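Drug on board: pembrolizumab.
Chain IDs: alphabetical, in sequence-line order. Numbers in chain A track the PDB entry; the residues on display, in order, are 1-217. Since chain B takes its numbers from the PDB entry, the residues it shows come out as 2-220. Chain C is numbered as in the PDB entry; shown residues: 31-143, in order.
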Amino acid sequence: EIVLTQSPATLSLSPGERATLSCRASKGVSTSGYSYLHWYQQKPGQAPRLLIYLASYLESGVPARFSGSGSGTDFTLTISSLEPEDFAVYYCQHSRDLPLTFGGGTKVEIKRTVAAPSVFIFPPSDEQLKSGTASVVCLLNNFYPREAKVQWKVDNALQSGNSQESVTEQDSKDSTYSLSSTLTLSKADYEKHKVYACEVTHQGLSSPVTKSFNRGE
Amino acid sequence: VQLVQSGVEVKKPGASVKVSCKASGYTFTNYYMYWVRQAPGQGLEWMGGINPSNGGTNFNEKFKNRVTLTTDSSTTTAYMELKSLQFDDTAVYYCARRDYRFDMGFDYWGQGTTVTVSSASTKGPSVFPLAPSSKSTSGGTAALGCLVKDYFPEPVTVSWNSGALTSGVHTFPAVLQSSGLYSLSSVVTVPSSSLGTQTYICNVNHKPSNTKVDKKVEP
Amino acid sequence: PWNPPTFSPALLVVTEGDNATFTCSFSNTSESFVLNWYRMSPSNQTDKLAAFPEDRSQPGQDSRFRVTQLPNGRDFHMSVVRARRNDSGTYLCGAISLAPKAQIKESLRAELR
């Protein structure tokens, strides 16, 4: 198969700014001066929309600020000036042979000033503790950029393999992200330790922030 | 010009699913139809295509053994049957059309059909408070919420104080736990001083299991 | 820009196992066009047999139909390899403009027997 590599995975830009996205194929996708490469836009919860076909042709209905260029293994999609509507995920796709394949996607997000998370921690509810399971929740609220490290520590021991995290879409009002992380243990494991902490690293913080509590506090 | 696909599916492993894509006479005489899927959190993957004029097909080799593609000319409808379903067949499935003269891109896509495959059965959520305290208080702000845990399938919908409370709310995307059930949290930030002057209730609705629960969250 | 391609011979006769070769002529410097070779369906629709350049993502593609660009660049050989009984019928070629996206101009139609 021909594999398409898109870069960068994320572009952080402000409205009005030029966006340039790249797509690189593992083998040539051009024949006789034709390049079998197309570009699509996708918004959350929506089907993709065709932007550019055969590397350089503008799909009818699509605004003139979108344009495509390239041939062989090297392609770009350019948005000459970003409108608020253009912050979305973009994919390239080839049809030089079978199988048809898509690139991994590039997300164009809104750039804003660095914002440190506020960190909150929530002990398991007593109600849950009756069920034989204990969930500890760490919340990072309203931060930017999206990159944040959350580490769980139980009696100072780093936890691995017993937590999951989720991240909101970029806020439509202040362009920040929020993150929830859940540490899950059996009630029996939970009652065998005293101190639960989540340690948060983020470029908006001068040092990592530790939120903790004593079980039974 | 429309491509209209059939609705949500929830399936056991080993089962079959048949997704439909209703088009038009014009589409059928002037386009080929293709199927594409998208697993949660991932990109797009091509599965196969069909020529409505002669029923001829092509395939991503990965899918050839389990996918059947057909058209019904008389109702100008395309069908994708995926058999012997696996856990990682969980995805949104799209039908898309392409000009029959030359590939000028997939210029129109159907709205997508969500397919979930799991040995899990339909299950209502357990709702737990995320209780505000000094450990959830930064400055003059406090955070609280609800933990909506161990339900199946998606989706659950969460509101606060019956929809009156919207500003400062974050309802996170669900995660699939090792157990096969989903969990989600919904949090709100409020002035800390309001913890003793305001009632906060999370309303959780899980239509597949007929579940409607309200949970008062106290400090 | 631009005229419809020509398609010859008007009448082509063979019987079993032969090769039936038409010629589509399209004078262009492309200016990207593509070419299609069609046969008329029983419902009088234009069924696409092959394209130039090759439409590799056409589902249900039949390799018996081949389109070959000749050195002058203007003439294309459109050929049925090992032609059969039911291959008899009406054929034509079309030039398709990629930039107005829509635009096709078809040749006059021909008969194969």
- Query: Which components of the model should be assigned to pembrolizumab?
  - Reply: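 All copies: chains A and B.
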- Query: What would UniProt call the macromolecule that lies against pembrolizumab (chains A and B) with the most contacts here?
  - Reply: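 The largest contact partner is Programmed cell death protein 1.
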- Using 4.5 Å as the cut-off, state which chain of pembrolizumab (chains A and B) shares the most heavy-atom pairs with chain C.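 Most heavy-atom pairs under 4.5 Å go to chain B.
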- Query: Which domain, as defined by UniProt, of chain C contributes most of the residues in contact with pembrolizumab (chains A and B)?
  - Reply: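 The UniProt domain in question is Ig-like V-type.
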- Message: Can you tell me which portion of B:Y101 sits under 4.5 Å from chain C's heavy atoms? Options are side chain, backbone, both or neither.
- Response: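 Contact with chain C involves both backbone and side-chain atoms of B:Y101.
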- Query: In terms of heavy-atom pairs under 4.5 Å, which option from C:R86, C:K131, C:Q75, C:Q91 contacts chain B (pembrolizumab) the most?
  - Reply: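 Of the options given, most contacts go to C:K131.
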- Message: What part of C:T76 gets within 4.5 angstrom of chain B (pembrolizumab), counting heavy atoms only: side chain, backbone, both, or neither?
- Response: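 Contact with chain B (pembrolizumab) is through both the backbone and side chain of C:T76.
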- Item | Engaged part of C:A132 at the chain B (pembrolizumab) interface, taking heavy atoms whose separation is under 4.5 Å |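 C:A132 touches chain B (pembrolizumab) through backbone heavy atoms alone.
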- Task: Pick one of side chain, backbone, both or neither for B:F60, based on which atoms fall under 4.5 Å of a heavy atom in chain C.
- Result: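 No part of it gets close to chain C.
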- Query: Which organism did the depositors list for chain C in the deposit?
  - Reply: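 The deposit names Homo sapiens.
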- Message: I need the epitope of pembrolizumab (chains A and B) on chain C for my notes, heavy-atom cut-off 4.5 Å. What residues are in it?
- Response: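 Sure - with heavy atoms under 4.5 Å, it's C:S60, C:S62, C:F63, C:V64, C:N66, C:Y68, C:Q75, C:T76, C:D77, C:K78, C:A81, C:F82, C:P83, C:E84, C:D85, C:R86, C:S87, C:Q88, C:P89, C:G90, C:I126, C:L128, C:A129, C:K131, C:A132, C:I134.
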- Where on pembrolizumab (chains A and B), by chain and residue number, do heavy atoms come within 4.5 Å of chain C?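 Under 4.5 Å, heavy atom to heavy atom: A:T31, A:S32, A:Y34, A:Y36, A:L50, A:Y53, A:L54, A:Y57, A:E59, A:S95, A:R96, A:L98, A:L100, B:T30, B:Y33, B:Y35, B:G50, B:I51, B:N52, B:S54, B:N55, B:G57, B:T58, B:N59, B:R99, B:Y101, B:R102, B:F103, B:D104, B:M105.
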- Message: Just wondering, what label does the entry put on chain A?
- Response: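 The PDB entry names it light chain.
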